[PDB]
Amino acid sequence: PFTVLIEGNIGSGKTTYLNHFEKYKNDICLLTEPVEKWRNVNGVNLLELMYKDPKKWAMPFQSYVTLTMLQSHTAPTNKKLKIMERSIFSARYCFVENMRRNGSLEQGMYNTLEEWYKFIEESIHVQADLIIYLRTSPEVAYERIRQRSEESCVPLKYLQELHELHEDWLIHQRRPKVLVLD
Amino acid sequence: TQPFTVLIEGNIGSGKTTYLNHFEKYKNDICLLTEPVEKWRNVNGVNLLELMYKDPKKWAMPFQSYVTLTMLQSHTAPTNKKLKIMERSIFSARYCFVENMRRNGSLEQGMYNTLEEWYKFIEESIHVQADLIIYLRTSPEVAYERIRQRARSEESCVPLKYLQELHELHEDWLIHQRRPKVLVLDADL
Ligand SMILES: Nc1ccn([C@@H]2O[C@H](CO)[C@@H](O)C2(F)F)c(=O)n1
Ligand SMILES: Nc1ccn([C@@H]2O[C@H](CO)[C@@H](O)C2(F)F)c(=O)n1
């Protein structure tokens, strides 16, 4: 099916934007970021644990993120258009890269996650037809986060870092059709 | 797309490498798959096996994640041969090795739960071919001696206690069963 990925920083407006599509649920496969799964891995909130102790929990959290995303990407649909919030690509190019850069993933941990990504991309073609990038400034992103969880103590520098990674990927073509919304 | 497949299972020091070498003269008809130790030793220059033995609380989860991946790659590896024989499996990883790291505290609940979600999704996504298991049944002490009598490597300091627990887990799975056809070989010889 035709596949659209909604990408953007934390606090870039994706959840509000996606709520619009909650009424097209019989023409469109609407796959919202599985944060509820991440908050409840048979009683364990991996999202909370990662934010609390990244050096310990970034690895298993991102591994579980990789799996949930992989599930969403490969889920069957009759609908002729699929819309997904985030992807295995942003997990890899932005989130995992940043955790490597900031030291939360030691080399062997980074390497394990990379081998999974390589294996997935060799075993299957993941459908990405269109990327919609909700582009924001880290300041704007920071303020959405504060005007509304586990993530509320993200520093601005962390948002700045995730911002440039999205810019590198989606504007400057430093990683592998992109529509840039404001 | 997979041939009749035999998995060779046993404790560390149960004689699996020696046993598997007997099938090398039959490589015309047998796809022979050694446990992917060489991969684990060199994950883009990182030895995950050594790191796991050095500090299991830190490295058990990424190590067993990569083990899963490499076993998956062996299970699914393409062959024209009539028979595939594999050293260990995604089953011993899950039911023995991960189970013991969970019990001894190297894997916390969330870490264990992540690996289990992977195993669940793998068994929903593919049928892993497993037609026969050959269990090399040894006593922990003989396994222990075997390890101590051979070249120094990452596992050379595994305690007898660790071996004893792995033994009971192999017994749970392959004898009591207890876990979801086994030929039992006396490998204490
Ligand atoms: N690959 C990913 C994807 C998402 N997240 C985090 O999940 C929360 C909800 O989007 C956000 O707090 C978050 F974006 F930071 C993450 O840490 N890594
Ligand atoms: N799932 C698995 C499979 C194997 N191993 C370990 O790998 C080494 C070589 O057999 C042995 O030291 C070993 F068997 F312990 C492991 O830790 N976890």
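Here is the naming used below: chain letters follow the sequence lines, and residue numbers restart at 1 for every chain. Note that ligands are numbered from 1 as they come in the structure, with each ligand's atoms numbered from 1 the same way.
The drug assigned to ligand 1 in the PDB is gemcitabine. Contacts with gemcitabine (ligand 1) are greatest for the chain named in UniProt as Deoxynucleoside kinase. Other chains reaching under 4.0 Å from gemcitabine (ligand 1) with at least one heavy atom: A.
In this deposit, the organism assigned to chain A is Drosophila melanogaster.
Per-residue contacts place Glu151(A) under 4.0 angstrom from the following atoms of gemcitabine (ligand 1) (heavy atoms of the residue considered): 8 (C), 11 (C), 12 (O).
Checked against a 3.5 angstrom limit, the closest N/O atoms of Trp38(A) and gemcitabine (ligand 1) fall outside it. Atom 16 (C) of gemcitabine (ligand 1) has its nearest heavy-atom neighbour, among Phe89(A), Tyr64(A), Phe95(A), in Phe95(A). Polar contact check, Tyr51(A) against gemcitabine (ligand 1): a nitrogen or oxygen pair lies under 3.5 Å apart. If you look at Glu150(A) next to gemcitabine (ligand 1), there are no close heavy atoms at all, none under 4.0 Å.
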Per-pair distances, gemcitabine (ligand 1) N/O vs protein N/O, less than 3.5 Å:
from	atom 1	to	atom 2	distance (Å)
gemcitabine (ligand 1)	1 (N)	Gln62(A)	OE1	3.3
gemcitabine (ligand 1)	10 (O)	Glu33(A)	OE1	2.5
gemcitabine (ligand 1)	10 (O)	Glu33(A)	OE2	3.4
gemcitabine (ligand 1)	10 (O)	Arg86(A)	NH1	2.9
gemcitabine (ligand 1)	12 (O)	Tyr51(A)	OH	2.9
gemcitabine (ligand 1)	12 (O)	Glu151(A)	OE1	2.7
gemcitabine (ligand 1)	18 (N)	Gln62(A)	NE2	3.0

